[PDB]
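The model below depicts BFT-3 holding flumequine.
Here is the naming used below: chain letters follow the sequence lines, and residue numbers restart at 1 for every chain. All values below come from the heavy atoms of this structure, side chains included, with hydrogens, waters and symmetry mates left out. Whatever order the structure lists them in is the order used to number ligands and atoms, beginning at 1.
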Amino acid sequence: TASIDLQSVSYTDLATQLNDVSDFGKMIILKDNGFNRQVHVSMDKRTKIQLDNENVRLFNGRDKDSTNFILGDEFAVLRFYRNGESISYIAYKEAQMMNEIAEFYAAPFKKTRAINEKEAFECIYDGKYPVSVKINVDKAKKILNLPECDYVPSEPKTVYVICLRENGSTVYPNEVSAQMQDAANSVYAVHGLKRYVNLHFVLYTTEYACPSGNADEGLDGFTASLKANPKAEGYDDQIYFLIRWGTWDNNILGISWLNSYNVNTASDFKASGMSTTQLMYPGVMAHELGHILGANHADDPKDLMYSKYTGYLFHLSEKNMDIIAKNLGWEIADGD
Amino acid sequence: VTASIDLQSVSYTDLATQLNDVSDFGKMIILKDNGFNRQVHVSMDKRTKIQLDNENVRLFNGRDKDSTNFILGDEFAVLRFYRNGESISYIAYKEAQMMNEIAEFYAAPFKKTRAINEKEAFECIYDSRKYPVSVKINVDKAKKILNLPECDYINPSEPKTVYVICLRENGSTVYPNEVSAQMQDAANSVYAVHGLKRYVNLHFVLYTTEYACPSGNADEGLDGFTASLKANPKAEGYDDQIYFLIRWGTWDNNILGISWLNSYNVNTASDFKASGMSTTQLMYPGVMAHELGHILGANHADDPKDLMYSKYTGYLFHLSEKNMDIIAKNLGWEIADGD
Ligand SMILES: C[C@@H]1CCc2cc(F)cc3c(=O)c(C(=O)O)cn1c23
Ligand SMILES: C[C@@H]1CCc2cc(F)cc3c(=O)c(C(=O)O)cn1c23
Ligand SMILES: C[C@@H]1CCc2cc(F)cc3c(=O)c(C(=O)O)cn1c23
Ligand SMILES: C[C@@H]1CCc2cc(F)cc3c(=O)c(C(=O)O)cn1c23
Ligand code: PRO
Ligand code: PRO
Ligand code: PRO
Ligand code: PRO
Ligand SMILES: [Cl-]
Ligand SMILES: [Cl-]
Ligand SMILES: [Zn+2]
């Protein structure tokens with residue numbers, strides 16, 4: 001009976017429905033031009049997120065629903081798939097911020113003028129100012145013709161993922177949260193790893209900025225900045241990401257220290273990386289987190305760890321899944 | 001190695017980073033101050049939900065022997081604990097402008113009446129390494145320093161979700177730390193009785209209403225409020241929930257609140273009958289809990305330490321077995337179910 005109308009979905013519509021999701025879950029109907037999708041929504045109790053101390057909650061549908069939600073005080077996201085394409089509904093609470101976000105996402109499409117712009121990008125009203133935006137990331141990338149971007153314990157162990165907003169960079173909370181949600185879900189999807197780890201993401205600003213466009217030099221400087229940062233004292237065994245909106249030289253989406261995190265030996269800020277957070281490249285943080293957990297490049301073009309950027313968000317390599325799970329305390333005898 | 005909160009410099013960031021680290025299994029946190037120490041086992045309150053104008057507010061509990069509660073929103077944090085029978089709150093707002101405004105708001109009643117030991121009742125807390133990072137208020141000591149007038153009252157497999165819809169009266173200003181403290185105390189007064197968390201989970205929401213009491217009279221004010229709910233198009237389909245009109249202040253004759261007695265039953269709730277009005281000011285904790293008590297059928301108790309005592313006392317729990325049975329039965333409980 002509860003429902004979300006995709007022709008007029010606002011922050012208030014998403015917040016009132018998601019805030020009613022109790023421990024037992026709730027059925028919510030997604031309604032789109034007379035066609036409906038019933039989703040069983042549950043609170044994500046494994047991942048915690050703060051962005052500059054602002055609490056962000058995640059929600060999951062069933063496996064067959066391929067639907068996830070994000071909810072903060074300032075914004076809400078609905079993300080699902082249609083013909084394998086990623087579709088996001090992004091809604092900001094404040095009128096000024098929603099207007100700014102709608103202009104930010106509309107601007108690239110105004111440079112070009114595609115006849116099918118509505119299916120890739122659309123401002124949603126309900127009607128002078130928009131209440132949300134709809135973006136089909138797969139369709140948007142083909143219209144914009146962007147450059148080709150390249151690359152058992154009784155309680156689970158809490159692992160912090162400390163994300164640091166690069167000096168001078170602007171990141172958008174819906175985009176950063178989507179990267180974090182996809183990264184955490186890429187780990188829990190492997191060998192029942194929610195039994196071993198619960199990921200806690202935090203976002204702060206750092207004084208560090210990459211000294212050039214080079215990703216390799218940038219990561220050397222970032223890891224060195226962590227060792228000299230007085231705020232990071234006592235946290236050398238956590239996972240770190242330098243984040244920005246943009247990419248590095250040669251359209252590199254991110255970079256990280258391979259096989260640098262193990263639950264028993266983590267130290268000296270070794271488990272560090274850098275990642276873009278822009279909406280058009282989902283799964284970059286997930287790919288770099290996989291690399292930090294020991295995953296190598298995979299040969300399946302549908303693998304999250306494929307050498308080229310693909311848009312796929314899950315580990316498919318059995319060798320990588322075993323390496324990642326073993327680094328988080330799992331053993332074959334434990335099962336899935 | 002044990003996590004700790006230094007009450008001589010406690011800020012919003014200190015409280016948020018500690019409370020955001022509380023997982024499903026709980027966490028030990030040491031509360032420290034000059035001549036004071038308390039180890040508390042903190043847990044997330046998974047029974048109560050709160051939105052204030054759609055802003056999510058989370059509650060945290062200590063063990064019964066810890067006598068400690070917390071509140072955490074994106075904009076503010078509260079630590080409240082009892083020490084030598086006195087309620088002490090540490091209130092910290094995230095934004096510097098809002099923290100400065102809140103510190104001035106709480107300091108203003110004291111500046112008029114300069115008492116010798118004002119520090120034990122009210123104190124602006126500053127960072128150790130200048131604007132305040134939090135305020136400390138001992139309500140019991142504050143009442144003895146201030147010349148306040150005597151405010152009183154008029155002489156299942158899954159729990160059921162019950163919404164408590166609080167409406168900010170037109171022309172009133174309420175503070176989020178104050179409203180949340182009233183809601184937390186009200187919900188905890190219910191769960192403390194007959195294991196009622198098995199039957200009900202309270203979900204508080206706060207919106208603004210166009211309604212304003214036509215006079216200072218509480219009886220007339222409640223008549224108008226219940227009538228405004230029946231005429232409110234936003235309330236259509238929600239006549240079986242619980243409602244409160246809230247303000248900062250009090251009504252005529254220093255009346256703290258008012259409500260329709262025995263107006264909520266999980267099986268027959270309807271026509272906006274389960275409605276009341278409540279002050280939310282910090283100096284009168286438990287007013288919403290007392291009015292929610294009346295709506296659930298609790299009568300005046302004779303013990304001066306009961307939440308339901310006819311006069312305002314500051315106590316936050318039902319002690320009357322007769323009232324506890326009436327309240328629990330109205331929420332679906334039976335004696336055979338046990339506690
Ligand atoms: C989830 C839905 C919309 C938001 C909402 C706000 C509120 F104050 C009360 C209710 C509410 O009472 C409800 C229900 O059917 O029990 C459903 N919702 C509510
Ligand atoms: C103390 C907290 C966790 C560790 C940490 C690592 C780091 F590199 C930067 C920060 C950091 O910047 C921060 C802050 O409040 O701004 C808090 N932490 C940091
Ligand atoms: C709860 C405490 C202070 C806040 C905090 C921020 C953060 F980014 C990382 C940690 C953190 O890693 C930690 C720990 O010991 O595991 C404790 N805290 C952290
Ligand atoms: C729809 C939601 C729950 C029911 C409700 C009762 C009421 F008396 C006032 C409001 C109400 O004012 C409101 C809002 O968004 O402003 C939402 N709800 C209300
Ligand atoms: O979510 C809402 O209700 C408003 C409408 C536009 C921006 N935010
Ligand atoms: O909580 C904090 O970190 C800051 C300090 C004063 C205002 N808020
Ligand atoms: O305080 C009361 O009301 C109950 C009645 C008997 C003694 N205790
Ligand atoms: O009045 C009551 O019910 C509690 C229990 C016995 C005495 N006081
Ligand atoms: Cl104290
Ligand atoms: Cl103890
Ligand atoms: Zn009374």
task: Please list the parts of the model that make up flumequine.
output: ligands 1, 2, 3 and 4
query: Which other chains make heavy-atom contacts with flumequine (ligand 3) shorter than 4.0 Å?
result: A, B
message: Working on a figure here: which residues of other chains come under 4.0 Å of flumequine (ligand 3) (heavy-atom distance)?
response: A:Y160, A:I162, A:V202, A:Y204, A:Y235, A:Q238, B:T17, B:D21, B:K27
- prompt: With atoms numbered from 1 as shown, which atoms in flumequine (ligand 3) lie under 4.0 angstrom from a non-hydrogen atom of B:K27?
  reply: 1 (C)
message: How far is atom 6 (C) of flumequine (ligand 3) from the closest protein heavy atom, and which atom is that?
response: A:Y204 OH, 3.8 Å
- prompt: Looking at B:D21, which atoms of flumequine (ligand 3) are within less than 4.0 Å of one of its heavy atoms?
  reply: 1 (C)
- prompt: Who's the nearest protein heavy-atom neighbour of atom 4 (C) of flumequine (ligand 3), and how far?
  reply: B:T17 CB, 3.4 Å
- prompt: Tell me: protein heavy atom nearest atom 17 (C) of flumequine (ligand 3), and distance?
  reply: A:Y235 CE2, 4.1 Å
- request: Give the atoms of flumequine (ligand 3), by number and element, whose distance to some non-hydrogen atom of A:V202 is under 4.0 Å.
  value: 8 (F)
- request: Distance to 0.1 Å, residue and atom name: give those for the protein heavy atom nearest to atom 12 (O) of flumequine (ligand 3).
  value: A:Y160 CD1, 3.3 Å
